[PDB]
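Quick look at a structure containing amoxicillin (bound form).
The first residue in the sequence is number 1, and the count goes up from there. Quick note: numbers below take in every heavy atom, side chains included, and nothing from hydrogens, waters or symmetry partners. Whatever order the structure lists them in is the order used to number ligands and atoms, beginning at 1.
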Amino acid sequence: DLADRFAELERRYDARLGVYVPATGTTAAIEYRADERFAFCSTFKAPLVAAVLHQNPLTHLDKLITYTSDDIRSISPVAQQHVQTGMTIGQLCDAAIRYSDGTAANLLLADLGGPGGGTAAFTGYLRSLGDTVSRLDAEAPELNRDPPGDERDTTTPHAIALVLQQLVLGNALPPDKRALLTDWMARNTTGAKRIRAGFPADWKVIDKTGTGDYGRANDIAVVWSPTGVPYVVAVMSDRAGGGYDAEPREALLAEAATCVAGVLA
Ligand SMILES: *C(=O)[C@@H](NC(=O)[C@H](N)c1ccc(O)cc1)[C@@H]1N[C@@H](C(=O)O)C(C)(C)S1
């Protein structure tokens with residue numbers, strides 16, 4: 001029994017786990033704590049890139065953005081290396097998705113513009129996709145730090161799955177922009193030990209991870225069966241019982257995904 005297996009994993013990792021897989025074709029939706037709020041952490045960077053792509057002509061990707069020492073305020077594997085030269089919008093999108101670069105995401109928020117350094121426009125983009133649940137209130141590093149239960153900077157496995165479905169599988173973006181977002185998530189470097197780890201090699205996986213304080217570990221993915229049948233998989237977790245410094249536990253996500261993959265096979 002699936003709910004029993006997820007609850008077993010919660011006890012194993014002293015965690016709260018949320019899972020959603022939308023209904024499609026002949027599979028019922030898979031849901032576990034799917035309507036409970038979890039911190040976005042870096043998972044927001046996927047719809048952020050979509051927002052930026054949607055808002056501008058495709059060749060806005062070629063615009064050079066400059067930034068300085070005081071803009072590096074969070075884990076930023078790429079932006080720290082290019083600080084002397086700047087990064088184009090396309091480079092920033094690439095880094096935000098593939099390396100979960102915090103500075104890149106902060107600069108992309110500013111590019112979107114408006115109140116809250118872009119967080120309000122980001123939230124408005126989600127509302128345009130019918131997501132009345134999610135909210136972004138802060139940028140990096142603050143967005144990963146809200147106390148357990150606080151609704152700031154949260155989504156739900158249900159809400160973010162439906163957003164990702166529209167972005168990758170549906171028609172939220174035109175095909176060319178859709179393909180850019182899909183390819184960056186396909187080439188993600190941070191996700192090998194999460195949803196990817198729970199699906200057989202002959203299934204295609206694209207994803208965006210998130211990791212935060214209070215043992216937060218998330219992953220949102222689109223997977224394709226060996227016959228090209230796609231599914232959206234959202235797994236979110238925290239370990240609030242260990243306090244602020246609780247270790248995120250990727251293995252929880254790998255195990256949850258293995259259970260999901262068993263049902264979808
Ligand atoms: C978004 O989730 C980002 N999270 C980190 O910036 C955050 N400071 C943090 C990282 C790791 C911890 O143990 C605690 C807080 C980036 N996205 C993450 C991811 O998995 O995608 C990282 C790649 C770790 S950093």
- Message: Hey, quick one: which chain has the most contacts with amoxicillin (bound form) in this structure? I'd like the name as UniProt has it.
- Response: Beta-lactamase
- amoxicillin (bound form) binding site (4.0 Å, heavy atoms): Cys41, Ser42, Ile75, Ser100, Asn144, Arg194, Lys208, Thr209, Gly210, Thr211, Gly212, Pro248
- Message: If the cut-off is 4.0 Å to any non-hydrogen atom of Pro248, which atoms of amoxicillin (bound form) fall inside it?
- Response: 13 (O)
- Task: Could you list the atoms of amoxicillin (bound form) found under 4.0 angstrom from a heavy atom of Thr209?
- Result: 19 (C), 20 (O), 21 (O)
- If you count the atoms of amoxicillin (bound form) from 1 in the order shown, which ones are under 4.0 Å from a heavy atom of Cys41? 2 (O)
- Task: Output the list of atoms in amoxicillin (bound form) that are nearer than 4.0 Å to some heavy atom of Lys208, sorted by atom number.
- Result: 21 (O)
- With heavy atoms of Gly212 as the reference, note each atom of amoxicillin (bound form) found under 4.0 Å away. 14 (C), 15 (C)
- Item | Closest approach of any protein heavy atom to atom 17 (N) of amoxicillin (bound form), naming residue and atom | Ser100 OG, 2.7 Å
- Query: Which organism does the PDB annotate as the origin of chain A?
  - Reply: Mycobacterium tuberculosis
- Can you tell me which residue and heavy atom of the protein come closest to atom 9 (C) of amoxicillin (bound form), and the distance to 0.1 Å? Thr211 O, 3.4 Å
- Is any covalent bond from amoxicillin (bound form) to a polymer chain modeled here, and which residue and atom does it involve? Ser42 OG
- Would you check whether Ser42 has a nitrogen or oxygen atom less than 3.5 angstrom from a nitrogen or oxygen atom of amoxicillin (bound form)? yes
- Query: Measured between heavy atoms, which UniProt-annotated substrate-binding residues of chain A are under 4.0 Å from amoxicillin (bound form)?
  - Reply: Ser100, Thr209, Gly210, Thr211
